[PDB]
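Figure: structure with tobramycin.
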Amino acid sequence: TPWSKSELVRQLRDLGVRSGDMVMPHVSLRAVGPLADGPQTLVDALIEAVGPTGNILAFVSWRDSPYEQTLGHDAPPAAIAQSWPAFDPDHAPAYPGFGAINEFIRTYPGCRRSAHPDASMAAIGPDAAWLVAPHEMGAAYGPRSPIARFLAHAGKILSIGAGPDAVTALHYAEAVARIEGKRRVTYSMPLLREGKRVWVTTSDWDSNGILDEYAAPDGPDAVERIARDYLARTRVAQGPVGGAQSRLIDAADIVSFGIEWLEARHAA
Ligand SMILES: NC[C@H]1O[C@H](O[C@H]2[C@H](O)[C@@H](O[C@H]3O[C@H](CO)[C@@H](O)[C@H](N)[C@H]3O)[C@H](N)C[C@@H]2N)[C@H](N)C[C@@H]1O
Ligand SMILES: [Mg+2]
């Protein structure tokens, strides 16, 4: 029997989501199982659970981000540069690999979208505009990003069947960790500025592993290692949402733990 919105809302309440909360979801729709009206049922349930004063923030990215195609170059390669679509926050689809729910979130009426094409974040609620801007190239997940503001806004990370690798906020810990050997990447994104496409090349922390030992293609990366340790060490509300084992994590606490975890293991 497909899960109804009301059932999901009651499950979210049982897990500890309260009216007014600031929630960042990471969802495995396969784990959740069939929904009465598809993924929108869970989006609607999340919005109802946080209520009209609550907020949702999601890391949605962009289906067509030219990350791999520009990585490591000081400028976009010529063929990429000529024909790639500029990122248009109103129309650019979300990246499927971070969750199929994200396209439903980003298309929800009133959703706001951040300007960073690769790190794009979507937000719903009264504080959405404050969450999503600024979001500048060179500030993907660290200071001055939407994640930074989420962490200052009592954020909760709602993992619905997602693994420990899924915790985007822990890229903030990587950004600020006082450790030697941190990896950086250079890439280029096509932005709209006053209606025109402008290529911007930037560097930022490597979000595929902050040190060499965390940068294997298949992992585990530092986010996964930190989150697994944290979850083995901390009381965290656990329970079902749909068919999915879910957890509700204090974001500031896990990020503080992650900064300490990295700094304990790696010389300054
Ligand atoms: N390195 C291992 C991890 O790789 C992925 O996550 C990571 C993604 O690969 C990162 O994505 C970035 O790198 C990928 C891969 O090149 C690009 O497709 C993407 N546009 C770009 O944003 C994203 N910015 C952060 C995320 N933690 C897996 N989802 C989880 C895994 O633990
Ligand atoms: Mg408020």
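Chain A is numbered as in the PDB entry, which gives 19-286 for the residues shown. Every number for a ligand or one of its atoms is a count from 1 in the order of the listing. Values below: all heavy atoms of this structure, side chains included; hydrogens, waters and symmetry mates excluded.
One finds tobramycin in this model at ligand 1. The chain that tobramycin (ligand 1) touches most here appears in the PDB entry under the name Aminoglycoside N(3)-acetyltransferase. Shortest contact from atom 3 (C) of tobramycin (ligand 1) to any protein heavy atom: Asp239 OD2, 3.1 Å. For atom 28 (C) of tobramycin (ligand 1), the nearest protein heavy atom (residue, atom name, distance) is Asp183 OD2, 4.1 Å. The deposit lists the origin of chain A as Enterobacter cloacae. At under 3.5 Å, a nitrogen or oxygen of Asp136, whether backbone or side chain, sits near a nitrogen or oxygen of tobramycin (ligand 1). At under 3.5 Å, a nitrogen or oxygen of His189, whether backbone or side chain, sits near a nitrogen or oxygen of tobramycin (ligand 1).
Nearest non-hydrogen protein atom to atom 8 (C) of tobramycin (ligand 1) is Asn226 ND2, 3.4 Å. Residue contacts with tobramycin (ligand 1), taken as heavy atom pairs separated by less than 4.0 Å, involve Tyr159 solely via side-chain atoms from C-beta onward. The residue from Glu86, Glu242, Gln87 that puts a heavy atom closest to atom 18 (O) of tobramycin (ligand 1) is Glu86. Measured on heavy atoms with a 4.0 Å cut-off, the binding site of tobramycin (ligand 1) is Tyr85, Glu86, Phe116, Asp136, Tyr159, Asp183, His189, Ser225, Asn226, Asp239.
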